[PDB]
Amino acid sequence: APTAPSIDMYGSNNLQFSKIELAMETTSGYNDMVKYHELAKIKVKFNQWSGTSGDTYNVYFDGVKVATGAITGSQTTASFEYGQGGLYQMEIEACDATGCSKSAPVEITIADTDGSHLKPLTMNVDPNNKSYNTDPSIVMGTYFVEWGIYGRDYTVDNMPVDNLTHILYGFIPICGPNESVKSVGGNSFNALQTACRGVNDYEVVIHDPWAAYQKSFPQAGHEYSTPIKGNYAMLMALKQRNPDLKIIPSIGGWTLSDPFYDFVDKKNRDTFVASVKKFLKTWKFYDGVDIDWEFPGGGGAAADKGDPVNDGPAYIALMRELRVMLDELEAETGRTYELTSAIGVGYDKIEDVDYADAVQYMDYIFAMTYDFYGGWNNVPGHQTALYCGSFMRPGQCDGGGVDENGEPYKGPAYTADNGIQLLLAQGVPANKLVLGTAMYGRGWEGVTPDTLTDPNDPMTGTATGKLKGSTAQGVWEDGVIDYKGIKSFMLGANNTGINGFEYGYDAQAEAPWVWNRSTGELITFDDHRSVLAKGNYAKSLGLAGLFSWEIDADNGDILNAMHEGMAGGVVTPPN
Ligand SMILES: CCCn1cnc2c1c(=O)n(CCCCC(C)=O)c(=O)n2C
Ligand SMILES: CCCn1cnc2c1c(=O)n(CCCCC(C)=O)c(=O)n2C
């Protein structure tokens, strides 16, 4: 027989192969950092210094022949292509007429962006997240933010994945006009400019490649030379742990919606949709796309953008065209892809899209039932309430009344039910609607007792400015505080108030607040009670389920209540 091949491990990249090439120690344009191959190029060097070398080699993976070629003297390079990621026991055999001899087996890794080479992620979840047996039909969604791995120190292995059906990954930008990003300050706009160098306008990119795929996370077993790292490698490993989980990239959001206003021109939609198809071929752990245009018709971060006539038809066409594209991927891969969107629920947002048309293309609508009131002005109110609060004036709820100055309300008040009923009334199916819950509060200072028109209700007072605090308190920007910060700094473990705060609840609205009457600090948020109320509202209307913004800000209480309030329920999945 020929002499047995001896594999040159260091001449063969230590048998580490990847279908994706990712730049690691630089930051450049997306097309120069990320290169995907449908087939991995495998090259394995071996030698046969003694004896006879033979004529032909065969490569085996787990005892199955995967490649063959010619032997070239005493040193040979086996070169072949292979599509399926994984870890395999490789042998190389040399053959002639006399017989065959084979190497010892050695593990080869073929990395792919489905995580097929990875073991299930090891989790590190706060034990306050409890276990439930919610029916698998109901949506239990959350948004994980790319930048949460910095000061917020919240990583993929912290997510209570057994309590989630859908993870929406916030946020993938679109190259093009993005002045709104400058409102974040810091490096955000300039990082986008770098990502978009060499990229056509209206194509998607990764905003922060360090967070997405370069940073080594030791809890994930990464080392510097691992070929895929960051959040994305952790999501791939999470998908091996929980294969029925859906992970969906979120395009847009408040600061990254400016390019959508150019989708009135179909050419720009075509460019965008093609780029999304490429993205989903590159990053196989993703299961669809979520479009978070804030908002058709305007009213978002860009005060100079919005077209009430033309943006709705553009939105619908986008959905049409995305669903054509996703059907191409389902034909090509055999998988199921979802198309979703998060939408505004003020009457003035909903009136600018004919959702009876759009929703036929969509799996789910994540209704943004939060941010109804907040620190952008000095008017208290319930930011995430189901129904109209006591503080509202006569005819404010339904919009038929007049304000304190005698000026007509322009439409129904900002509540979750007013928006859900406008969507239902034009024919959006309940079982495609997902109701939002807030894992944060918004708040004010200066709401002292002398400003209240009803002494029992701080929502009738007036503010002097935003809530101020530190990042240790969960105050990452003025006027906004993580729920886990409200629980540590204002509620306490027994939920009866600490630090000078008192707890109250508007039973009509289904909305909690905490108020420090000495500082006039007032915070509107979702709590156990209001989230139970949202779950029972969702059961009563036959909504698809609940989702939450944003998962790093919870301590377990909000997601627990989401499942609590859904107990016993099932829903028809969209088909
Ligand atoms: C409201 C919280 C602030 N905020 C809201 N949206 C945000 C941010 C933010 O801070 N960054 C930082 C990106 C820098 C990327 C890189 C390559 O370094 C963002 O990208 N986005 C979308
Ligand atoms: C994340 C951005 C917060 N943020 C910062 N400034 C804001 C917002 C906000 O959310 N809304 C509400 C949007 C429309 C809500 C509705 C139709 O129900 C605002 O009006 N302004 C000025």
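The residues of the chain are indexed from 1 along the displayed sequence. Heavy-atom basis, side chains included; hydrogens, waters and symmetry copies ignored. We count ligands from 1, going down the list as the structure has it; atoms in each ligand are counted the same way. So this one's X-ray crystallography, 1.2 Å, going by the header.
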Original post:
What is the name of the drug located at ligand 2?
Top reply: propentofylline
**OP:** Write down the macromolecule with more contacts to propentofylline (ligand 2) than any other chain, named per the PDB entry.
**Re:** Chitinase A
Original post:
Which chain positions lie within 4.0 Å of propentofylline (ligand 2) by heavy-atom distance?
Top reply: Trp254, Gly346, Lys349, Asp371, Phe372, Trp376, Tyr414, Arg442
Subject >> Protein contact of atom 19 (C) of propentofylline (ligand 2) - nearest heavy atom, named by residue and atom, plus distance >> reply: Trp376 CE2, 3.7 Å
Original post:
What does the entry say about the source organism of chain A?
Top reply: Vibrio harveyi
**OP:** Return the residue, atom name and 0.1 Å-rounded distance of the protein heavy atom closest to atom 18 (O) of propentofylline (ligand 2).
**Re:** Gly346 N, 3.5 Å
Original post:
How far is atom 2 (C) of propentofylline (ligand 2) from its nearest protein heavy atom, and which residue and atom is that?
Top reply: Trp254 CD2, 3.4 Å
Subject >> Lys349: numbered propentofylline (ligand 2) atoms lying under 4.0 Å from its heavy atoms >> reply: 14 (C), 17 (C)
Original post:
Is there any other ligand or ion under 4.0 Å from propentofylline (ligand 2), and what is it?
Top reply: none
